[PDB]
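Note that chain A carries the PDB entry numbering, so the residues on display, from first to last, are 29-389. Start at 1 and go down the list; that is how both ligands and their atoms are numbered. For the numbers below, each heavy atom of this structure counts, side chains included, while hydrogens, waters and symmetry mates do not. Determined by X-ray crystallography, 1.9 Å, according to the entry header.
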Amino acid sequence: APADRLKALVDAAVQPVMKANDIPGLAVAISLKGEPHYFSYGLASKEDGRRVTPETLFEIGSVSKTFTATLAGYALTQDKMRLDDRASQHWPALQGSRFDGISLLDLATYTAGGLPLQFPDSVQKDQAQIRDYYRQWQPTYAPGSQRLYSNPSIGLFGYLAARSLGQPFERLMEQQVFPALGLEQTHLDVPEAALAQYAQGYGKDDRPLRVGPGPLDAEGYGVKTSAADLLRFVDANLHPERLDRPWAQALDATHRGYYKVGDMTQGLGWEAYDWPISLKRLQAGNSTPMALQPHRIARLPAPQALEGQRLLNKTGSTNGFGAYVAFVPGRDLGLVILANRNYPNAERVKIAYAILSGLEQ
Ligand SMILES: *C(=O)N1C[C@H](NOS(=O)(=O)O)CC[C@H]1C(=O)NC1CCNCC1
């Protein structure tokens, strides 16, 4: 009855949304009572007929920020940086710029003062162009006052955490972070030998779409991973104490809330809500205006533990993909939903919420 019931519940949550959004392929992984459960739907590639499995690689877009946060959490534990450091402390090129007056925490939590959603199209994947971009940038408003969701913001945070560790960001993820987390199906640059696992992404008129190079891509949106590996990452988040101390502490650092905007508490990478909360409120927290518009923050008196009866989540998209991850620390429950179409966040959250509410019922 239990396996039948879980299958029935996940099918009932996924299938209508998959169909309504014409999603070619979709992978679900659920961590429940200390055990993983995988559900795979449809096609990784419509053209060659490869089916989705729990090992299929999907682009996870902005979910990458949680890995980026974990690297920064590590740097914090290596006493290599502090959240209250000025950004320019970690890149001499920034000394004398406005980044003298902006903290690593401001950068990590999108409150640096109006850094935009993306780098302008004129900024290529080029260290000098990136450096020059930040040198010339001026805040629209005071640092620490307004949240404006931003790839350049947390991208810089990740880049400076890597600088504090004395190695390139990409090398650190591949050589240290992913191995420390036990992740062998998680990549910034998918190896040729693994390309057969990499799903095709689909956009309008089913044009094929995979993510191309961009400035600070690895930091903001560049990770490709499987449902099985992303769930392993969720289980690491549920049980940091199962890893060696330095990496336990790194994960813990991403479970700390610094301010609220409406129902959402902003951590490093992770965004948190009280649990339970209505589907409509969770949808609103992950809505377009939350990503695209500035919001005045309500700063907490002290960092808040993001644990117990809370839902921690992150959405992520690329041109061709749509990912969502959610977990409830106090219930030892986690879920991953990866699709090879960018479909609205509200729809991803709807699937997740249907699964979570069915599990409690
Ligand atoms: C994350 O997936 N990003 C950044 C931002 N996230 O807002 S959210 O509510 O979707 O998580 C916007 C979309 C996405 C992003 O950076 N997409 C880019 C499209 C163009 N190619 C580079 C990735």
Greatest-contact chain for ligand 1, named in UniProt: Beta-lactamase
Specify the drug or drug candidate at ligand 1. relebactam (bound form)
Just heavy atoms, cut-off under 4.0 Å: does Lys342 contact relebactam (bound form, ligand 1) by side chain, backbone, both, or neither? side chain
Work out whether the distance between some heavy atom of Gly242 and some atom of relebactam (bound form, ligand 1) is less than 4.0 Å. no
Hey, quick one: which residues UniProt lists as binding beta-lactam in chain A have a heavy atom under 4.0 Å from relebactam (bound form, ligand 1)? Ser90, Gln146, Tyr177, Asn179
Under 4.0 Å from relebactam (bound form, ligand 1), counting heavy atoms only, is it the side chain of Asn179, its backbone, both or neither? side chain
Where on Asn373 is there a heavy atom closer than 4.0 Å to relebactam (bound form, ligand 1), on the side chain, on the backbone, on both, or on neither? side chain
Measuring heavy atom to heavy atom, which UniProt active-site residue of chain A lies nearest relebactam (bound form, ligand 1), and how far away, to 1 Å? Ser90, 1 Å
Organism for chain A, per entry: Pseudomonas aeruginosa
Please state which protein non-hydrogen atom is closest to atom 2 (O) of relebactam (bound form, ligand 1) and give its distance, to 0.1 Å? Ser90 OG, 2.3 Å
Which residue and atom, if any, share a covalent bond with relebactam (bound form, ligand 1) in this structure? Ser90 OG
Give, by chain and number, every residue with a heavy atom within 4.0 Å of relebactam (bound form, ligand 1). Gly89, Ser90, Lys93, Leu145, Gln146, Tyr177, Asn179, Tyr249, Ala319, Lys342, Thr343, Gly344, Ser345, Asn347, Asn373
